[PDB]
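In this structure, cyclothiazide is found bound to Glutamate receptor 2.
Letters A, B, ... are given to chains in the order of the sequence lines, protein chains preceding strands, and every chain is numbered from 1. Both counts, for ligands and for their atoms, begin at 1 and track the order of listing. Be aware that this covers only part of the deposited structure, with contacts counted strictly within it. Below, each value reflects all heavy atoms present in this structure, side chains not excepted, and no hydrogens, waters or symmetry copies.
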Amino acid sequence: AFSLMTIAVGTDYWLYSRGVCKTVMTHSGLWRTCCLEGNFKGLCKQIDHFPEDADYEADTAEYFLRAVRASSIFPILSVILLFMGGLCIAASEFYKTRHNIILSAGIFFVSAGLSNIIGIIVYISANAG
Amino acid sequence: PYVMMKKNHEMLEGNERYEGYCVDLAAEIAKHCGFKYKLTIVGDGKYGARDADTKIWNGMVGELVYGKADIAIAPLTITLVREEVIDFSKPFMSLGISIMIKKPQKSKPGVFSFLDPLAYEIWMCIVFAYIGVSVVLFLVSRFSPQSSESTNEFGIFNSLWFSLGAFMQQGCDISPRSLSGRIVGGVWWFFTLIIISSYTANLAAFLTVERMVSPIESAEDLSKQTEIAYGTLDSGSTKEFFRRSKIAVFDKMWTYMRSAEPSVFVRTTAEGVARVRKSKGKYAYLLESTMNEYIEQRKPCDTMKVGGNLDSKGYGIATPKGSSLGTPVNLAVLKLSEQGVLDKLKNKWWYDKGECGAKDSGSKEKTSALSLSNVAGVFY
Amino acid sequence: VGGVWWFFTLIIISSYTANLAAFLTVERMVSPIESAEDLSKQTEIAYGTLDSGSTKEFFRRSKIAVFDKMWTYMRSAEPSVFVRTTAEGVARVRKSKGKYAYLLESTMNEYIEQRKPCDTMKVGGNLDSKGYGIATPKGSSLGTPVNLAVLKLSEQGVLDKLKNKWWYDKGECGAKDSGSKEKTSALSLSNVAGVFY
Amino acid sequence: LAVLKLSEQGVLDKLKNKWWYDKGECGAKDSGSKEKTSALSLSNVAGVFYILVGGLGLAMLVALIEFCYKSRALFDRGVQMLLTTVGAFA
Amino acid sequence: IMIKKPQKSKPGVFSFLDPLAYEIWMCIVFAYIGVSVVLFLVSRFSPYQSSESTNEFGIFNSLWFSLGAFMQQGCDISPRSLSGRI
Ligand SMILES: NS(=O)(=O)c1cc2c(cc1Cl)N[C@H]([C@H]1C[C@H]3C=C[C@@H]1C3)NS2(=O)=O
Ligand SMILES: N[C@@H](CCC(=O)O)C(=O)O
Ligand SMILES: N[C@@H](CCC(=O)O)C(=O)O
């Protein structure tokens with residue numbers, strides 16, 4: 001489980017849409033929107049939540065969604081909690097008989113899915129427009 | 001189909017070289033009038049209308065006025081400019097100005113069409129949330145509390161079956177009875193009351209109208225739009241209709257006909273048909289209804305007529321002024337019209353080539369039942 | 001087995017309650033005879049024609065077999081199917097209550113249907129076409145200025161505007177222009193009566 | 001005299017009807033009133049998925065604290081009689 | 001007056017609670033607490049082995065019956081008295 005998050009954060013074929021690679025299909029990702037099927041190809045640029053011609057100023061609901069999307073805390077949280085559950089389940093070999101440590105592990109796995117599942121929801125929410 | 005090229009032209013000879021509506025109608029009138037006849041084709045391939053400063057007609061009637069041709073049996077519009085200097089017999093076919101546009105796509109409902117009123121991100125996020133709930137309702141109901149963890153009936157497999165029971169709203173076998181068990185059982189109940197109701201509210205929306213509404217069928221929006229350019233045949237009586245408009249929307253039609261860059265007037269009708277097919281909504285063509293009938297009755301079947309006719313003009317058998325044959329010609333047409341001959345000829349060419357042959361007028365009523373083809377998916 | 005039959009139920013039942021109040025108030029139109037072929041398969045209703053008429057002289061000169069049957073129906077029919085005026089043929093249809101048909105010209109049958117009481121209906125396509133023309137004696141001097149004048153009205157749409165004016169400004173029945181507009185009502189017990197049965 | 005003579009015939013109004021309507025029309029001016037239906041988007045129903053996950057984190061919290069309370073280890077009949085006394089007063 | 005014409009606003013994250021006004025959702029919650037106390041009151045009311053705990057409806061279960069009855073979901077328990085079924 002710890003592999004498939006840290007792969008998915010550090011890879012960038014998240015979305016197949018059409019958009020500008022320089023500033024027209026996109027090798028679009030969670031951090032770096034990249035581009036395929038163009039005259040220029042293989043250049044990956046930094047993504048940008050845009051305040052220039054924004055049309056969401058003084059929104060209560062969007063200003064929460066801008067922060068959570070482009071600073072993707074929830075898939076980052078879904079890595080660390082999945083990593084923290086990995087250390088408690090690694091610590092059952094040595095320093096065992098504590099008999100509490102895998103519940104402390106297993107809640108961190110279940111939490112890491114609840115972090116992961118809402119990281120999908122904020123991702124589908126923001127890119128729609 | 002007024003004159004069509006016969007397949008065996010180089011085999012056959014004379015008037016048998018051609019086959020068409022007028023070719024049949026010429027044979028019918030020559031029986032009743034009793035004259036030998038020899039068909040020809042105009043060299044212009046055009047309709048005779050007037051030159052600037054010259055009045056010399058370039059087309060069939062210019063071959064008819066000037067002693068070259070004797071009888072003109074053709075889809076020739078009886079307009080005032082022609083009849084003041086040629087004769088017409090009484091008309092043989094009724095028609096008017098009408099529009100050809102491409103019906104774009106058929107797009108009947110697929111077999112998994114019932115899943116449509118929710119998007120496929122939602123169904124994916126439902127299944128993720130269904131697993132996400134049922135693992136949490138397991139984890140709560142199985143802790144260190146003799147074997148008093150067993151007092152909760154919720155293993156994980158009863159947990160998947162509870163939340164499936166709560167989602168499909170088909171009741172449930174048991175119920176959580178802890179405090180934190182009833183929280184997850186309560187929230188998932190509030191979840192499924194929104195989602196299943198958002199399904200049934202939106203599926204009522206798909207079950208009245210799921211089709212296409214025609215963009216320019218009112219014919220005043222057709223004159224309106226600057227994206228949808230509209231044209232007609234050059235030196236055609238449709239163009240000659242709008243040059244003397246007295247209706248205000250028809251006054252605006254001629255202005256964009258005049259002020260289109262480049263010329264939307266196409267050199268033939270068949271090339272004008274092929275322009276709208278290439279356009280895909282970008283261009284419209286204006287043509288006669290009986291000329292727009294045969295376009296629908298041929299493959300690729302993607303041409304259809306919107307609105308009624310814009311007017312009511314007619315076609316005529318044409319003769320020169322003072323042509324002595326033209327009066328038994330004129331008595332022939334009233335004989336052919338009453339004997340059902342002309343309608344039978346209007347039948348034959350315009351149905352038997354109904355390769356498309358659909359006659360799909362449409363079940364217009366929005367109070368129409370579900371069909372088994374619409375809900376075939378859940379049985380699969 | 002149960003889990004799929006649940007999801008089967010969720011789709012079928014929610015599709016059943018989609019437009020259910022509409023189907024209990026369909027308000028169908030029956031239209032028992034249309035499309036002159038089906039005049040000849042349901043020939044028991046009594047046809048009607050005008051005395052001294054082109055509709056007479058058309059069916060007197062019958063050639064098509066569907067057209068020949070309906071006149072050879074009317075000539076041996078009892079009593080005399082002919083009426084002396086249009087107001088006699090219209091009124092004979094209205095009384096007989098779906099049992100007497102009258103075959104008549106397309107524009108009067110357009111006109112009668114528009115005018116209230118509006119209890120009649122124009123069904124079927126036109127079985128031919130024919131024209132009204134302004135007429136002069138053979139060899140009249142006025143024939144040539146009139147013959148040029150007919151198109152000269154028609155190319156301007158004057159005749160069409162005069163046809164737009166007169167056949168629409170008269171008595172309009174309610175289901176002709178604004179009868180398409182709809183509304184909702186409570187369910188009546190005559191709509192749901194089979195469920196109580 | 002000519003201004004009214006146009007205006008009483010509605011000529012000026014017809015000329016005002018002509019020019020301000022025949023120009024460039026935006027789509028939501030005449031036929032923008034017409035409506036249509038579409039599938040629900042997840043941005044439309046997103047709060048219900050928040051509240052579900054918002055409830056699941058809460059339920060795991062309360063289930064944890066009843067374990068920390070029970071692994072560590074109470075009303076009195078008198079103090080609830082005082083508590084129903086103060087609550088009735090307020 | 002001319003302004004830059006605004007964008008057509010998306011619905012909020014609480015768009016589910018829009019078909020019923022704010023004044024009703026407060027009175028649905030108030031009717032919920034009102035029912036579950038009365039359903040707690042009617043049963044578990046000195047019946048005459050020990051009759052004081054014959055019914056299964058505590059205060060906490062009777063909240064769960066009324067929450068279950070509102071969400072169109074069946075529950076395990078049922079009132080089972082003439083005054084409690086009302
Ligand atoms: N079937 S059709 O509409 O092509 C059609 C149309 C017409 C036909 C005959 C047929 Cl078959 N003949 C009539 C004729 C009868 C008299 C009235 C008009 C001319 C002389 N002209 S029409 O009304 O234009
Ligand atoms: N039949 C028509 C063709 C051209 C047009 O439709 O304007 C004519 O003779 O004028
Ligand atoms: N208008 C018709 C009247 C007779 C009929 O309707 O048949 C005619 O001139 O002959």
Mapping of cyclothiazide to structure | ligand 1
Chains touching cyclothiazide at heavy-atom distance under 4.0 Å = B, C
UniProt TM segment numbers of chain B, heavy atom under 4.0 Å from cyclothiazide | none
